[PDB]
Structures are given as structure tokens and as C-alpha cells.
K.L.:
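Sharing a structure here in C-alpha cells format.
Note that chain A is numbered according to the PDB entry, with residues 163-485 shown in order. Just so you know, ligand 1 is whichever comes first in the structure, and atom 1 is the first atom listed for that ligand.
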Amino acid sequence: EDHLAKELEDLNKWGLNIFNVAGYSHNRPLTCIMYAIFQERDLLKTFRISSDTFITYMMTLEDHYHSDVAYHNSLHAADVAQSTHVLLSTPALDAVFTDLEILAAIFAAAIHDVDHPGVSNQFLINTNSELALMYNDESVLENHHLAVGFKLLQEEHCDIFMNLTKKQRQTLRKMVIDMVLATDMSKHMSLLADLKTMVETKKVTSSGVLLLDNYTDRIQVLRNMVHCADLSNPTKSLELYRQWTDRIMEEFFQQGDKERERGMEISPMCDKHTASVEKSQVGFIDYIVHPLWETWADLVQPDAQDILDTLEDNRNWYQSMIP
Ligand SMILES: COc1ccc([C@H]2CNC(=O)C2)cc1OC1CCCC1
Ligand SMILES: [Mg+2]
Ligand SMILES: [Zn+2]
């Protein structure tokens, strides 16, 4: 109550604690943070989005995340949205994005895992699920989250974009699709290689502010930004990181139990009888998270040096828990 307002004082910081905001908002973290973010940035006024309309959409979207899924519930969406809100303010990216691109990136973060069933694209494909038949095995979940999110906008009592122009709605839809499809982990290596080429030919104004000429370059940075926000758990304080680790392992091990029940091969990091939680996090940091943030740090230096220091410290803690 007064605790919620104290926690939200850190709305614009990496140290914000989304678990605390959840506790004080009737477990509506996503509705809560999305509303705090939009007010802070004056987006409701800029795009003449009604408050009732915005709240009804957000509450419906949030009720569409599954509360019995350990990691991919509404708290993860809320976290990715809050993280993207901070990354958009990085000094190196100052005045680089339009208001429509800022709106799109934050909206993408919010809907980006909606209706997640708690199993991976590969699981959905090997069990011949209806979702995989629908999407022909390509970015199964991601196409689905986009579909639900944009579906809910089709209803007057819920169209938060009704006061944008047709032209603006089209551009936003293109940008959002692009950004959510980029959260598909099987696209990670591709995305990182492209981000490394963008750093290679990085250009800044006289005062260290990125120069982004075309739409192409702007959406490439936005794509990568949402993807970093998705893979930001290890760059947060150790206390936060460990609760996120606990949740993803719970979810991955539940998938492993379903794999065993059906006589399918068990995905090794989903096998609770053999997988080391600690080794898996160190591997995840060394091979995926660090390589990504090291590159993001290059693009916006020295803005993300503390984020990298926290990461390297967290990496060493998981390492020390391994005998
Ligand atoms: C907190 O950790 C993790 C946080 C987030 C993810 C995303 C990528 N895959 C997912 O399904 C979501 C994986 C994590 O750890 C997994 C890889 C290493 C062990 C588990
Ligand atoms: Mg996802
Ligand atoms: Zn996600």
C-alpha cells in the first residue's frame, strides 16, 4: 500500500524488485507496472489512450498468462516490461527512438509470453500439439503469444491503439511482431552475430550518442533490447536471480516429468535426477547471457558496465556452489 509506493520509487532502476510489487498489487504485477511505466512516460496522453481501456486490456492480458506455470507467468512479463523501460533510457540511446517505437517495445515486452503452457517449442512439436500443427513447427509459442495479444485488441472496450493513425498501427504491428519473434531462443546465435556487426560499424554523435540512420538499424537495436530484457535474470541482484532460477528449474523439471510419463527422451536440463542447477546456470551465463550482454555493453558503453559486473559476480557465486 505505502509499501507499493516505496518499491515503485525504483521504477526507473535495474534494482527494482518485481516480486515485492506483485505482493502489494493483488498479484497483478503486469497491470501494476505497465500502468506505472505508461504514466511515467506520458504515453496515455501522447497516444490518447483511455485509462479504463488500458486497464481492461492489461488485466485481460494478464489473466491470460497462466498462474500455475512456475516461470512463464505474469511476473516474468512484468519484469521484462520494466527491464525494457530502463534499457530504453540508457544514455547512449537518448532521443534515438520515436514515441511509437518506445510504445511498441514496451507493449511487446508485456505480451511476449502470453498464454505460455510451460513447455518448450520442441516439446510442442514432438507431441504433435495443436499449436505446432497450427504454426508448422516454426517459432510455435512466439507466433502464438503475438496472436493472443493482438486478438485482444480486436474489441472496442480494449483497443488501446484506436487513436493512433492507420499508418501508426501498421508500423507498430510490424515492429511488435518482429520483436516478439526475436525472443525465440533458436534465433539467438543469428541475432548476436548481427548485433556484433552493428557494433563493428557503430557511429556516435560528438557526445557519445548512437547514430541510427534507417528504420532497419532502429528495429535491430529494439529487437536485441527486448531479447536482453528476456535474458536479464542473471544481471539482477543475486537475491532476485536465485528466485528466478528456482522458478525456471521448477518449470523445466515439470516438463521433464511429462517427458518421462510419456516415454519420450528426457531433455537433459529438464531431468531432475541428473541435472545440476548450478552447472546449468554457469553454462547459461558463459555461453549465452555473457556473450550477449558483453555485446550490448559495447553498443552503449560505458552505460552497462555495472550490469556486467553484477553478472560476473553472480556467475562466480553459482560456480562456488558446485563441488
Ligand atoms: C534463471 O534462468 C533462466 C531464465 C530464463 C530462461 C529462458 C530461456 N529458456 C527459457 O525457457 C526461458 C532460461 C533460464 O535458465 C535455463 C537455461 C539454463 C538453465 C535454465
Ligand atoms: Mg518466450
Ligand atoms: Zn520471456
K.L.:
List the drug name given for ligand 1.
P.N.:
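That's rolipram.
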K.L.:
What macromolecule, as named in UniProt, provides the greatest number of contacts to rolipram (ligand 1) in this entry?
P.N.:
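Main partner, per contacts: 3',5'-cyclic-AMP phosphodiesterase 4B.
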K.L.:
Nearest protein heavy atom to atom 4 (C) of rolipram (ligand 1), by residue and atom, and its distance?
P.N.:
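The protein heavy atom lying closest is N395 OD1, 3.4 Å.
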K.L.:
Return the UniProt-listed 3',5'-cyclic AMP-binding residues of chain A that have heavy atoms within 4.0 Å of rolipram (ligand 1).
P.N.:
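A heavy atom under 4.0 Å occurs in these UniProt residues: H234, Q443, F446.
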K.L.:
So which protein heavy atom does atom 16 (C) of rolipram (ligand 1) come closest to, and at what separation?
P.N.:
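Checking every protein heavy atom, the shortest distance to atom 16 (C) of rolipram (ligand 1) gives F414 CE2, 3.7 Å.
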K.L.:
Give the atom numbers and elements of rolipram (ligand 1) that come within less than 4.0 Å of a heavy atom of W406.
P.N.:
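Checking each atom against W406, I get 1 (C).
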K.L.:
Please confirm whether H234 approaches rolipram (ligand 1) to less than 4.0 Å, judged on its heavy atoms.
P.N.:
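Checking rolipram (ligand 1) against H234, which is what was asked, there is a heavy-atom contact under 4.0 Å.
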K.L.:
Please write down residue, atom name and distance for the protein heavy atom closest to atom 8 (C) of rolipram (ligand 1).
P.N.:
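For this ligand atom, the closest protein heavy atom is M347 CG, 4.1 Å.
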K.L.:
Give the atom numbers and elements of rolipram (ligand 1) that come within less than 4.0 Å of a heavy atom of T407.
P.N.:
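The atoms of rolipram (ligand 1) under 4.0 Å from a heavy atom of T407 are 1 (C).
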K.L.:
So which protein heavy atom does atom 15 (O) of rolipram (ligand 1) come closest to, and at what separation?
P.N.:
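It is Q443 NE2, 3.5 Å.
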K.L.:
Students should be able to answer this: which protein heavy-atom is nearest to atom 5 (C) of rolipram (ligand 1), and at what distance?
P.N.:
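Scanning the protein heavy atoms, the shortest distance from atom 5 (C) of rolipram (ligand 1) goes to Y233 OH, 3.5 Å.
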K.L.:
Just wondering: which UniProt active-site residue in chain A comes closest to rolipram (ligand 1), heavy atoms only, to the nearest 1 Å?
P.N.:
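Closest UniProt active-site residue, heavy-atom distance to 1 Å: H234, 4 Å.
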K.L.:
Which residue owns the protein heavy atom closest to atom 6 (C) of rolipram (ligand 1), what's the atom, and how far is it?
P.N.:
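Checked against all protein heavy atoms, atom 6 (C) of rolipram (ligand 1) sits closest to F446 CZ, 4.1 Å.
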K.L.:
Please list every residue in chain A that UniProt marks as binding AMP and that has a heavy atom under 4.0 Å from rolipram (ligand 1).
P.N.:
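Short answer: the UniProt residues with a heavy atom that close are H234, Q443, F446.
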K.L.:
Any atoms of rolipram (ligand 1) less than 4.0 Å from a non-hydrogen atom of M411? List them with their elements.
P.N.:
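Matching atoms, with element in brackets: 19 (C), 20 (C).
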K.L.:
Where, in terms of UniProt domains, do most residues of chain A that contact rolipram (ligand 1) sit?
P.N.:
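Most of them fall in UniProt domain PDEase.
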K.L.:
For atom 7 (C) of rolipram (ligand 1), which protein heavy atom lies nearest, and how many Å away is it?
P.N.:
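Residue, atom and distance for the closest contact: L393 CD2, 4.5 Å.
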K.L.:
Find all residues with any heavy atom less than 4.0 Å from an atom of rolipram (ligand 1).
P.N.:
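With heavy atoms under 4.0 Å, it is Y233, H234, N395, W406, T407, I410, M411, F414, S442, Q443, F446.
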